[PDB]
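See structure below.
Each chain is given a letter, A onward, matching its sequence line's place in the list. Sequence positions for chain A are given in the PDB entry numbering; the residues included correspond to 32-42, 75-417, 429-563, 587-693, 699-719, in order. The residue numbers of chain B are those assigned by the PDB entry, with the residues present covering 32-42, 75-417, 429-563, 587-693, 699-719 sequentially. Note that ligands are numbered from 1 as they come in the structure, with each ligand's atoms numbered from 1 the same way. The displayed model is a subset of the deposited entry, and contacts were enumerated within the subset. Both backbone and side-chain heavy atoms feed into the values below; hydrogens, waters and symmetry mates do not. Heads up, header says this was done by electron microscopy, 3.4 Å.
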Number of protein chains: 2
Amino acid sequence: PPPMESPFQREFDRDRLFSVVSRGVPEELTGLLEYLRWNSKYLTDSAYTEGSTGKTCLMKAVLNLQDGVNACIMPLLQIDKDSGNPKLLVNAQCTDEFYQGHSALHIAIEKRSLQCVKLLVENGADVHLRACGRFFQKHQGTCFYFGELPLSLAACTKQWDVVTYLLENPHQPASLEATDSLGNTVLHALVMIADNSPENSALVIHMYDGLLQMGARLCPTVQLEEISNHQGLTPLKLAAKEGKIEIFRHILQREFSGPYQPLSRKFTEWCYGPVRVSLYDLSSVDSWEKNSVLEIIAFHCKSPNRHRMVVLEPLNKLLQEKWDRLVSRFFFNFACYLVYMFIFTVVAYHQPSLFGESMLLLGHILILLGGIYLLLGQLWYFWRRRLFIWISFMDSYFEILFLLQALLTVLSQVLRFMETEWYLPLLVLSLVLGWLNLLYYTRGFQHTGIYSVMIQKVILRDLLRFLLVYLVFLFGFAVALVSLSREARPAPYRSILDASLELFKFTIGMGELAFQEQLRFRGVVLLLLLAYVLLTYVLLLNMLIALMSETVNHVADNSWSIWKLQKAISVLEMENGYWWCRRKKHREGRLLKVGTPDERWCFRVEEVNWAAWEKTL
Amino acid sequence: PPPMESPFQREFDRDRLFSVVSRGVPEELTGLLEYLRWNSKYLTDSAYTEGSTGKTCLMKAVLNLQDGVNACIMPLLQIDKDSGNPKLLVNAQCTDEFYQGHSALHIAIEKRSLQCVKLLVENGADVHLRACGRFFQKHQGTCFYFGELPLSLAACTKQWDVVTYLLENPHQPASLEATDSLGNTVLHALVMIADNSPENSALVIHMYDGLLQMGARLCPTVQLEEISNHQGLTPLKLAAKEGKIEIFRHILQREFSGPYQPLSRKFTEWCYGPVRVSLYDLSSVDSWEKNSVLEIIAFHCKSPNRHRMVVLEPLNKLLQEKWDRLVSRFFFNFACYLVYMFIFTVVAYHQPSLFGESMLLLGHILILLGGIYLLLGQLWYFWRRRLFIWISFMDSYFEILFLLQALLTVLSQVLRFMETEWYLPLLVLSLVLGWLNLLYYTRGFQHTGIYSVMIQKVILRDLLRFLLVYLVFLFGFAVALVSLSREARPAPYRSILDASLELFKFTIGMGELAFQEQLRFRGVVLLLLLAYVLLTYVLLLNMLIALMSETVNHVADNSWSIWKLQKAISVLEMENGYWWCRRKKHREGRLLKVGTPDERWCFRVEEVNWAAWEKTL
Ligand SMILES: C=C(C)[C@@H]1CCC(C)=C[C@H]1c1c(O)cc(CCCCC)cc1O
Ligand SMILES: C=C(C)[C@@H]1CCC(C)=C[C@H]1c1c(O)cc(CCCCC)cc1O
């Protein structure tokens, strides 16, 4: 990409004007103006910009600032005012793919100079110009997405007085409910620029609260937190989706006092010594609405801090009371699945060769009904999550296996109907997958669920890479053993499968090595087996030590948070009912008149904290 | 539960009075008083309270305070004084199950306002009213147990001047030796509200010492630390029972100087450079009394800090000299049990088929006598601990096994008397349990006892959850292997027991997998065995890594403290003698005249500390 400003890199005439404005002498510009009258030219023509981007001369003026001061910018406004052009200069943007839309007010705000932005919009510059280049889009290397607006650029770079001036100027008041070409307003942009660093979280929380208060002062009828982008997300939902937790935590529990009391969510109902009763707001933070923060946290967000967002209140108490409401249906589902797997096990064990036969036919048609029921249920589940199939796959890996087992038992039943003798491996693989999928329902109990999310420390990629190295080793020594044991002076290592088995048996502790005098090269085969044993012993040892050093590092125990996330995913998948009885969901919380006719569907938590009471003591 | 105060939630007329007292304007109340004369009503009637709880208007007055000040509370006292009622208002309580007994003095003290509580009890309010609701009982969610008294509420919320005023007012002096409806006095309540946080421990120690000194000043004849609740526990015993260690540690070793010298327990006998000789008090801190702190720490408390309470003095030296007195009886018991197990082993090994026979009959009747002796001893032990059978089971898990082995050998002897050929598995299981219970007596030696309490890192629940997952795996693949090996083209995996064995043998390193050409689906059975081996290898690896990461975290070594707790449990179970020779216990310590005619059964420790002497240097 071309650089915007470059102190020694080459990109009136063009170079003469660019050098005299890079210095910025206001009298040495004299002699330019009449030169524009003879040729009927303007300052925004393609011969007077950098023809690739379109970076005009005033953009170089606001780029090169003498300590934030430039004496030549208002000369350029006088020249463009009396240059005969219908169109302006300050509204003119670049045209390259990389800096598409990047005006000069963006540079005047970026350089943190109140004087130049004041002298720009006091002399008729636009404040809504969208800098929409690829440099200004997120999730790309060398990028800066600030929200594609001058007010969002002033907000995302901490410049307080430029925000208050841009909202409180008599020339052009910037729309606090404006948008970019992505749909994002300025609070969306503060959410997008946030990280999980503590100081950046403090900066974005500071600018968010201050901008929300100025929205109360300036535009009190509209509500800024209820505006959605082109994906239909409020800034709370955008903070839940893109994984920024600390601004999400700050928005979720927010208490203000006095005139800014209406734009709080954590109203305090009462207190009594150490007990404190708060009334949180469930404005789109519950599963009653279609697209809300619970469904976005569970099924839409792709981030590793996603399991920490169900820890914090009111989401803890909301998910806890939803789970207390639905734990009877969870264990009813588990009992139905246990009955189905008992039918599967008794049908498979008592299977005939290739009254009792009638009862087994009853069992077989019950298996086909249960299989087509689970198959339609899992297909409906994957159709509901059709937008994000990689977010139904990254964590909840049992919804793949329930589908796979149901598909395999339906296919095995139609292979039994179609006479084929290859149905019994499919029915057995279905039975194995069903008894394995029985361990999905261990979430509902506290301690075994905590252990079942604790028993997955060893990373699946960390296993597959070891399987790659071990299969290289086993295959190399397998072809080696068969091609050395091809000749003689039963026969071991006769085929590559039998030698692969006899080399794999060293890993399970059943491997036999001997000085087999049937072979001709018995010393070389014994030395090669010894080399295989030593190499795979070093291999398994290095895997054990490196995996233990990756795990045992005093890292924070996640198992309570991931267990609460798994129960949250389960209760949100369960609240829609089945695929035939689509039930109606409780509007959780009581509707309370709070402040001003603003009635909110509030949900009270009643929490005690002896440490917090004794420090407010 | 209904909220007590709620700033925007709806629960003269009732609403008019409630709003005008929530503001609190004293002149705008005028016009209420005559309205009570015409209808012959009062202020405490059910139409003038919240009819569910009974929250009167003055409770709303003391709830809504203008910075701890309310100008309307004494107007309400004038109205109730001249309202013609026989009964009062300030004594009137709520009547809901949740806030049962919660008067208005409790709110006046809770809001930390000396003015409102002064204007209450200077105008005739009770100070002994028991707030006994379910909100005010402990061990429940959203609860605050402060002791169900106004003085206990002032003490448990750090308010120093309200305590000194409530004890030192000329209107109604609060009884420092009062009680709730549970038996607890105020020092009991300070024990109940304590935690193991350091700052809360400092707060409860500060209020405890100050309240004890004011008990010396106000009520010097009675002793506040000798008052027991309805379970019969002093506050030292309540601190030992409910597990609060730091207030227990502070009460146990307490030194004061000067006029508060009589209410100390750690009197200093002498010092000589680094050696320091102290005279601790054994007022109910020894096993001579029936119910004391040693028997409560060992056999009554249910807490994980229970093993740290035998570390600290004088309990360390007391248990050490008791163990030096009783270690000969401990190893006499161990030698008797070793003789009994040698008789059991020689009788079992030389058992006949289904002089020497007479000697074996002598051995059999010796086994029956030893078995009925151990059975009666363990039944007497479980009858003595009949109140807390879960505290004879949570730590001391050998008293279950001694009972089980004695019961099994008595049952095996009566099955040999009753001719039955099923006696020999019971006698063998008794012999196994007896040789296993021989490892109980390893407590008496220092280093092997420290190792035997060190060799129990792996949690029993952490094993049982792995056993659940592994049994799911083994059962699924067992029915899979038998139903695939049902057909052919000896026979392996013929039954589910034999396949369960041949799959369990992979875990001990003896499992055989081969390309068994007797079977028809030999490739599917080999692939299924390979899948079982890989899955259980990942399973055992995840158990090992997760269990090692749970254990190896630089946690503090408990093994000395739990070894001292095990020796304490042993010496307290041994000091009662056997179930036939119930011996008399030494009153440990010397009776010394200390201060004023207050003779205490003191026990001196003689401890050196080079670090403590050099900082007092
Ligand atoms: C079974 C042996 C002899 C031990 C057993 C335990 C451990 C992990 C070390 C084994 C061992 C190797 O497994 C391999 C070598 C030589 C490395 C070969 C690669 C150049 C030495 C070596 O002591
Ligand atoms: C014996 C093998 C091949 C190694 C030996 C040591 C370690 C713990 C890893 C084993 C192993 C699995 O035990 C399982 C897989 C695949 C996971 C199956 C579940 C999808 C790969 C994988 O390298």
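Lab note: drug at ligand 2, from testosterone, cannabidiol, tanaproget, alprazolam, identified as cannabidiol. For cannabidiol (ligand 2), the other chains with a heavy atom below 4.0 Å are labelled A, B. Residues with a heavy atom within 4.0 Å of cannabidiol (ligand 2): A/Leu537, A/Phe540, A/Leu541, A/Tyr544, A/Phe601, A/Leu637, A/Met640, B/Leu631, B/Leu632, B/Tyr634, B/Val635, B/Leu638. Covalent bonding of cannabidiol (ligand 2), as deposited, involves no chain atom. Listed by UniProt number from the N terminus, the transmembrane segments of chain A with non-hydrogen atoms under 4.0 Å from cannabidiol (ligand 2) are 5, 6. The entry gives the source of chain A as Rattus norvegicus. Other ligands and ions less than 4.0 Å away from cannabidiol (ligand 2) are, by number and name, none.
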